[PDB]
Amino acid sequence: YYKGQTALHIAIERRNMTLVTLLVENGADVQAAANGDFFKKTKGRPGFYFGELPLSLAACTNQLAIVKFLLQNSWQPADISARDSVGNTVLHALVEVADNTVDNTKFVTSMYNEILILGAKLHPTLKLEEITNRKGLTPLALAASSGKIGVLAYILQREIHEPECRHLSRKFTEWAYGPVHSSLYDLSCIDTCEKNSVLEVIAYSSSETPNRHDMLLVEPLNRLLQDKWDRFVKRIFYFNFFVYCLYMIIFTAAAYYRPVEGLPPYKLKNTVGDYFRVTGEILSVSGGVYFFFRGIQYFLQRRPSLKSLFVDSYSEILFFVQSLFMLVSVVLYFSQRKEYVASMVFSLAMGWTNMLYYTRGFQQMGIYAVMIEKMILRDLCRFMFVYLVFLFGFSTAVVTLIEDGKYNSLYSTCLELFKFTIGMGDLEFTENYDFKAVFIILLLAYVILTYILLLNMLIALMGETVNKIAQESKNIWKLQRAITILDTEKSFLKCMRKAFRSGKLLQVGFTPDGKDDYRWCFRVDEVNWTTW
Amino acid sequence: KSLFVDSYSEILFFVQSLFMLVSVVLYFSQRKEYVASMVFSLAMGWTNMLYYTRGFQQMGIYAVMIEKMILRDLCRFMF
Amino acid sequence: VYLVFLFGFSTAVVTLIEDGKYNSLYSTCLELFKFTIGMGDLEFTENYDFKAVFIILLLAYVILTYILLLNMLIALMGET
Amino acid sequence: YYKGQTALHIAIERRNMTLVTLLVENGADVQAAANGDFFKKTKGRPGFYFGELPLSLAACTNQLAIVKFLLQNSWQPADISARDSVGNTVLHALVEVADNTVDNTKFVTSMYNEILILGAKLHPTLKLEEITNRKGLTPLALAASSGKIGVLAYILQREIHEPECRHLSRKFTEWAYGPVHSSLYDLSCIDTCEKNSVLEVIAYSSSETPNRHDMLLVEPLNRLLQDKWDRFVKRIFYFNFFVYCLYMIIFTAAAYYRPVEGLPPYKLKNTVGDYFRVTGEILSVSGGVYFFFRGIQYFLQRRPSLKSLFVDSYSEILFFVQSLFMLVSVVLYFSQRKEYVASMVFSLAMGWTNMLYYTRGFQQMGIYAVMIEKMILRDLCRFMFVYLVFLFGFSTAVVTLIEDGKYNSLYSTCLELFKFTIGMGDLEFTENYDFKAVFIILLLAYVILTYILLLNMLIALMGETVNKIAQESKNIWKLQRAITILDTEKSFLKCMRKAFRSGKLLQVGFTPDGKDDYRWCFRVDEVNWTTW
Amino acid sequence: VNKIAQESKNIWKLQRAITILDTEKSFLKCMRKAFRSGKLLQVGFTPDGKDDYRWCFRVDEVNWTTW
Amino acid sequence: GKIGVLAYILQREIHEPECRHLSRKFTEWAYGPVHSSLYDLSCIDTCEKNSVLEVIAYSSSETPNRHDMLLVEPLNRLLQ
Ligand SMILES: C=C(C)[C@]12C[C@@H](C)[C@@]34O[C@](Cc5ccccc5)(O[C@@H]1[C@@H]3C=C(COC(=O)Cc1ccc(O)c(OC)c1)C[C@]1(O)C(=O)C(C)=C[C@@H]41)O2
Ligand SMILES: C=C(C)[C@]12C[C@@H](C)[C@@]34O[C@](Cc5ccccc5)(O[C@@H]1[C@@H]3C=C(COC(=O)Cc1ccc(O)c(OC)c1)C[C@]1(O)C(=O)C(C)=C[C@@H]41)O2
Ligand SMILES: C=C(C)[C@]12C[C@@H](C)[C@@]34O[C@](Cc5ccccc5)(O[C@@H]1[C@@H]3C=C(COC(=O)Cc1ccc(O)c(OC)c1)C[C@]1(O)C(=O)C(C)=C[C@@H]41)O2
Ligand code: NA
Ligand code: NA
């Protein structure tokens, strides 16, 4: 449980610099791994994860003096690149202990900066941030994956002002004339890399990342996504929208002019209209097959966890279900069952409502579509359950009261009471009962209770309008557009290389060795009228 | 005075029971009016499902809103 | 968005209808628009098979339309 | 224009103490009246009113040293009780210059207190606050009339902690045991007096008083009104409500069973039902006459200015109009015109809606009734104008399009288009036209524009829901209840003296002379857990 | 204005608490497991020489300041 | 409904010798930024006559803070 803990860990925990100094002087092993269950993540038990090492323990506890001693003592220096059983180094541990609170973010940022400076000074040829843990994540990738927006924000626009540490910066100042200055953002492992770019990690999160909506608001990421949109993806997205418009028009035309004789499949007549009809049907089935395979590819690549399946990946599910209805329609069509129509129309309806998928790329319409999606996913079940409880209760009461009437059934009475909700309730739809007072009292009570329900729905949804819905929907729309951008880049359709944006600029030209550093920078201009 | 602002669900269940028992009495009294009682109980029997929305945060909150709407505000506007 | 929903469900319903009195985009679009103004018949035709499909489409259209209007209300309230 | 201005006024204006001292030493007249048009209220011209006297000029300009010198010089002491052409003294002038701002209220309060102390010291037998101006108003009554809530609030709970000034206080501390103490408020010229009590002045304001809603929130007034309600007026108000319920029930019964034969008046048949009917009719006419004379008495006593007529005095107008409809019905009845029914039903409808008058006395119901009243008075005309513009425009277009149809008239087409607002629009109500596309386009445009109008009405009214409507309606309800209390006290119905509340208590018993002062004080218990 | 949401949430919490207490009072099978949180020695130094077991509830917290 | 006094008592911790036993909140251990504390639960979970949970839950509705008293940390966590 406490396996691996030794006196050096105890000394660091108690914040006793003298005891740590004596223990290191007396031959304590500064690389000892406290790999007991207490020192692991272990969400189902109490504990504290810090990287299992004395150096990462000192770093995680905001003890800079002990870190400086351990790294560069006289007897046994600590290995700044050491990895624990998970593969995490000190920087990975510092990312892990972040929780996006103010003081935690401040001290974690400061400790991260100090670790980088000391590592560069002691080991100029060591690139700490390129070291990956057993999951293959760098500290930047780990911060992006875990949603540590504070540490991510610090790293992305990190600028270090001192000699022999410029190469560690990721934000550079290219020039400054007056109040205007032009800065450069590094974008290594953000735009693209071998395994885990920041954009890929954020966009393809599992929806359990706490700040997936907010991480994209960090300046270089938002500007990079807007640039990618305007330069490369806008035209391709509009072309896809146009093609989908043509597909849905052809599907609507083919379905509208279906033959009405029974027993499909139908013989092709030697006439122009039927050649157009069968061509449209073939194109409709082809598009359905295309969306079917696209949905399968998406689900295989992402592997949703059946809870992230719906709160994310919503549009992919809708397109896949549309294709499923299309394929079931084809199977029923060739099975000589008229019921294929029942499938086809559903696909047709879905095929038009999925037009809302393309509202992303338009800020306001995309926000409205996001509101619709989240209302369906979050709020619909609660209100529909309560409304259906009231409807079914009063329908059962009324149909029990009715004796051998025209209605006298759950379906007819439920529909007739539902008509009150749409402003079409008759209120005298039958007289096949005794106790007219009971009938009218039940209907009036149902009407009043239904209006109470709808009024409470309105009030309850108004509780979230205090700046929450607008900003939340806007950020969700931005995330959806980012996902669209990344998918479009992955497809790219013509083996084009212009998707690699921001050009190849020289930051310093003086690395720790005599080589230069071209690092694919992105330029951002800013104006500051104070702090001259 | 605390009878309705608290203990609301207990009253609704008790009133459902009262309608059921009146229905039984009318049934064995050879009065068709028992149906008039029974249907009311039936209606209440379904709306009392809202009692079980507690244990679900959002649904329970919505049911609480309905309860307080009826108890607090309904009489003023209906008058 | 409203016209997208209206046209999609109109196309589905008119496709479902066979040789009816309505049986056209104009008539079905108008008849579904009547739901928005509180005049939707909900049984305006029987010239179809699969009554369950017809009623399911109409109920889904009604619920989605009320969701649209409610979200429109909330979105405009966001700026008040 | 500058008539009456002397060198002393100029010296005070320039804030030159030395020049004022020299001028008074050299025989300047400290009672000179600067009664030029520039120094009067004169809302249509520039100027500055200060009371026309050097003493009130110094007081209004926040120059306490000059006030002390003028009152306590050696050569010619200023007359602290002097009155200007309007009859205003220095205290009236200080009330006049108040505008309910923070700094103005602070310095006016301080100057008022200092002048009272100086007047008591120099003239212990002089009661400055009992001096009335030409309008008959004391400084307290003037503050209440003009809506100077800051000065009124200061005066009503004024307490002066020093010997030989206790008699000037209006708030007195009866006892204090621990954190709990009992205060006594004076009530002189608040509960009742000869000419202008504070309650009468506030309640019967012309609606131009800026703070008539807020002045009643000052502690002694709110407590006194609640006490008056609970002790005296609650039962009488409920009795009046019950009597009005009986009156409306009798009127409804008499109107419901009217005979259907033509040509009134109708012969009384020797049968029980007709005796009850004619008795109910006689009682209905008697009540109408009663409300008619009550309305005339109200309008004669108050004399509304035809702008305050509607924004205030709303319920009195509704009751008077009900009585007018009743009397017109009687005249038509005996004139052998069946049109009397047309009048009677309107009165009947109004007779029931005037039940809302009695929602005062119930906080929430009264607030809701106030919301209804203010929505009708303030907002209805704007939205009705815009809606009627749209309705009439589209009705004229549609009826012009219709050619020799069954509708083919402004009334029928306007009614059919109005039906869309209530969820009953046919949308195919006629086919007597050419250009069906034009007809349907006009109707759809009308529907969409009408929903836009209603939605913008909703948003515009929501624009004022940020704590304004609730608090404003609550304060208006409190004012209405105060008016009801005062009217009930004025009626009093049995020559009862119990309306004089709070009992006759001995506040100090040590006036400037050897007399003891009983001042009819109101007791309030307060608890303070700090400032031991 | 932020009032009805929080008020309804707190009322729901109170209603659930009432449900919990009623369920414990019923308990349906003469079960004793409803007495939770276990018997722990808090201090072990009472005013006399005895130790105190007080049936305590364990809660973990993290504070990144006041080291 | 004296929520202030209730909140003070329920999580009372006294840091001095010879008065530790009076504490109802006790710190079991503290490793680093994380620590584990113990709440007493005496007369809260159960007792002879009037437990805190029974008193709060079965109030007459005249208790001013019956809604808010359950938000005190040990009670909310215990109920969950
Ligand atoms: C959530 C699931 C996947 C869902 C899939 C189908 C069955 C759907 O019924 C629902 C259940 C339902 C039924 C009736 C009213 C509301 C909700 O809602 C959606 C789903 C509900 C929708 C709502 O419309 C939209 O969400 C459009 C849309 C918005 C945002 C998007 O990012 C999007 O990407 C495709 C699409 C429309 C239907 O697909 C449709 O057209 C038919 C015939 C039924 C609707 O199931
Ligand atoms: C408040 C009293 C006890 C009440 C009891 C009956 C008669 C009731 O009529 C009312 C009066 C009424 C009638 C019509 C419209 C609104 C209110 O409302 C409730 C009461 C009103 C309701 C409202 O539904 C609910 O409150 C469900 C509910 C919500 C929260 C809960 O904690 C709950 O616990 C059981 C139940 C439904 C009826 O019981 C019902 O189904 C019938 C036939 C009439 C409703 O009287
Ligand atoms: C403002 C004037 C005096 C008014 C007087 C009459 C004609 C009235 O029509 C109005 C015009 C009107 C017509 C139709 C809809 C709205 C407004 O509104 C009121 C006035 C409008 C009302 C509104 O109902 C109320 O104001 C009740 C009420 C609320 C608060 C009160 O303090 C109150 O004291 C009596 C009464 C009801 C009518 O009197 C009524 O019952 C009939 C037949 C027409 C209404 O004219
Ligand atoms: Na309607
Ligand atoms: Na309707």
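Just so it is clear: chains get the letters A, B, ... in the order the sequence lines come, proteins before strands, and each one is counted from 1. Readers should note that the entry appears only in part, and the reported contacts come from within that part. Atom set for the values below is all heavy atoms of this structure, side chains included, hydrogens, waters and symmetry mates excluded. We count ligands from 1, going down the list as the structure has it; atoms in each ligand are counted the same way. This deposition comes from electron microscopy, 2.9 Å.
The drug observed at ligand 1 carries the PDB name resiniferatoxin. The other chains with any non-hydrogen atom less than 4.0 Å from resiniferatoxin (ligand 1) are A, C.
Transmembrane segments of chain A, in UniProt's order from the N terminus, whose heavy atoms approach resiniferatoxin (ligand 1) to under 4.0 Å: 3, 4, 5. According to the PDB entry, the source organism of chain A is Rattus norvegicus. Of all resiniferatoxin-binding residues UniProt records in chain A, the ones placing a non-hydrogen atom under 4.0 Å from resiniferatoxin (ligand 1) are as follows: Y314(A), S315(A), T353(A), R360(A).
Binding site of resiniferatoxin (ligand 1), heavy atoms within 4.0 Å: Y314(A), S315(A), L318(A), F319(A), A349(A), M350(A), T353(A), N354(A), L356(A), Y357(A), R360(A), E373(A), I376(A), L380(A), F5(C), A60(C), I63(C), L64(C).
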